[PDB]
Colleague: 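Sending over a structure with ARQ 531; questions below.
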Amino acid sequence: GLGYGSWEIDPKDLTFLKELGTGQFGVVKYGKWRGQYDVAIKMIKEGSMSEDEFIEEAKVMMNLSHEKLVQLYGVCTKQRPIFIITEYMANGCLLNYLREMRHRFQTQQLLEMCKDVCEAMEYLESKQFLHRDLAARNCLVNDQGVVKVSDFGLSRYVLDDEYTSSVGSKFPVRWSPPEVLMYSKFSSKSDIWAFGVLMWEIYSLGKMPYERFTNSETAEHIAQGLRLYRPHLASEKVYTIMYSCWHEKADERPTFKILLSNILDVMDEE
Ligand SMILES: O=C(c1ccc(Oc2ccccc2)cc1Cl)c1c[nH]c2ncnc(N[C@@H]3CC[C@@H](CO)OC3)c12
C-alpha cells in the first residue's frame, strides 16, 4: 500500500517461523507472508552489499519469471538490515542435497536436475542476464525435488574484495573458464563453463571440483588446457555434454539452448 513501490514488501506482513542458516551475508529465515504464503527471507548483513545498486537491480529481477528460477517476491528497504523475500525451497541447497547419500539417486534424477538448471539458464540467456556465479551451492531444491537457480547476478553487489576478483580466497576459481582467470572476460560463455562444472558436481554427488588441488593449482591446470574428468555416474553421452562446456575457445562452447537440446536427447536415449 501507501509508502511501498511494486518491488517493496511491507515487513509487517511477515511472520518468521524458522531459521534456515547464517553466514557472511546474513541470516535466512522461513516464514509466511500475510499469514498464508510461504517465503524465504534473507536478512542482509550491514556493510556486506552495495544496497542502492542492488535495489535498483531488484526492480529488473522482479520481471524475471521462470518455473526453474527462484522467484524474487520483493525487498524490504526502509530499515536495516534490509530483507530479500523469495520463493521458499523446502529441501534447501542443492549442494547439501547431493551430498546426502540416503537419497540413492538414479542417474535419471541427476539428469533431470541438470535439465532444470539448463532451462533456467536458457531463460536467463534469452534475457541477456548473466548469472556470474553459477554453482551447485547457488541452486535450491523444492519439496517436489525440483531444482531451481538462485542468487542470479548477486555477486555484482558484494563488497568484500575476497569474493570479487580472481585472486580472492572466495572467488569461484573452480567454476571459471581460462579467460576469466587470465583477464576477467565474463560473458555468456563463462556461465556455460560454470554450468558444465555444475553438471560435474551433480554427477559427482557434490564433490568439490578439482578436490585434490588448491585454487592456484586449479587455475594452472585449466590454463594448461587440462580438465575435470568423467564422474563415475555420468554416461559417455552425459560426459560429452559437460565437457563441451569447457572448450578453451569460448566461441566454440555451446549455448544453453543447444545444451538443453542435447540433455533432452540423452533423456530420450538413456
Ligand atoms: O537462501 C535463500 C536466498 C538466496 C538468495 C536471495 O536473494 C537473491 C535471490 C535471487 C537473486 C538475487 C538475490 C534470497 C534468499 Cl532468501 C533462499 C531462498 N529460498 C530459500 N528456501 C530455502 N532455503 C534457502 N536458504 C537456505 C540457507 C541455508 C542453507 C544451509 O544449507 O540452505 C538453503 C532459501
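When a residue number appears, it is its place in the shown sequence, counting from 1. Worth knowing before you read on, the calculation uses all heavy atoms, side chains too, and leaves out hydrogens, waters and symmetry mates. Atoms within a ligand are numbered from 1 in the order they appear, just like the ligands themselves.
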Colleague: Look up in the PDB entry the name of the chain making most contacts with ARQ 531.
Modeller: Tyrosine-protein kinase BTK
Colleague: List the closest UniProt active-site residue of chain A to ARQ 531 along with its heavy-atom distance to the nearest 1 Å.
Modeller: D133, 10 Å
Colleague: Could you see which bit of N96 sits under 4.0 Å from ARQ 531, with heavy atoms only: side chain, backbone, both or neither?
Modeller: side chain
Colleague: Counting only heavy atoms, which portion of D151 has something under 4.0 Å from ARQ 531: side chain, backbone, both, or neither?
Modeller: both
Colleague: If you restrict chain A to its UniProt dasatinib-binding residues, which of them have any heavy atom nearer than 4.0 Å to ARQ 531?
Modeller: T86, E87, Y88, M89
Colleague: Between the candidates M49, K29, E87, which shows the shortest non-hydrogen contact distance to atom 19 (N) of ARQ 531?
Modeller: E87
Colleague: Between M89 and ARQ 531, is there a nitrogen or oxygen pair with a distance under 3.5 Å?
Modeller: yes
Colleague: Looking at chain A, which UniProt domain houses most residues near ARQ 531?
Modeller: Protein kinase
Colleague: Where, taxonomically, does chain A originate according to the PDB?
Modeller: Homo sapiens
Colleague: Applying a heavy-atom cut-off of 4.0 Å, say which part of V70 lies close to ARQ 531: side chain, backbone, both or neither.
Modeller: neither
Colleague: What atoms of ARQ 531 come within less than 4.0 Å of a heavy atom belonging to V28?
Modeller: 1 (O), 25 (N)
Colleague: Which UniProt-listed clofedanol-binding residues of chain A does ARQ 531 come within less than 4.0 Å of, going by heavy atoms?
Modeller: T86, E87, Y88, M89, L154
Colleague: What is the residue list for the binding site of ARQ 531, using non-hydrogen contacts under 4.0 Å?
Modeller: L20, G21, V28, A40, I41, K42, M61, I84, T86, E87, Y88, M89, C93, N96, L140, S150, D151, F152, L154
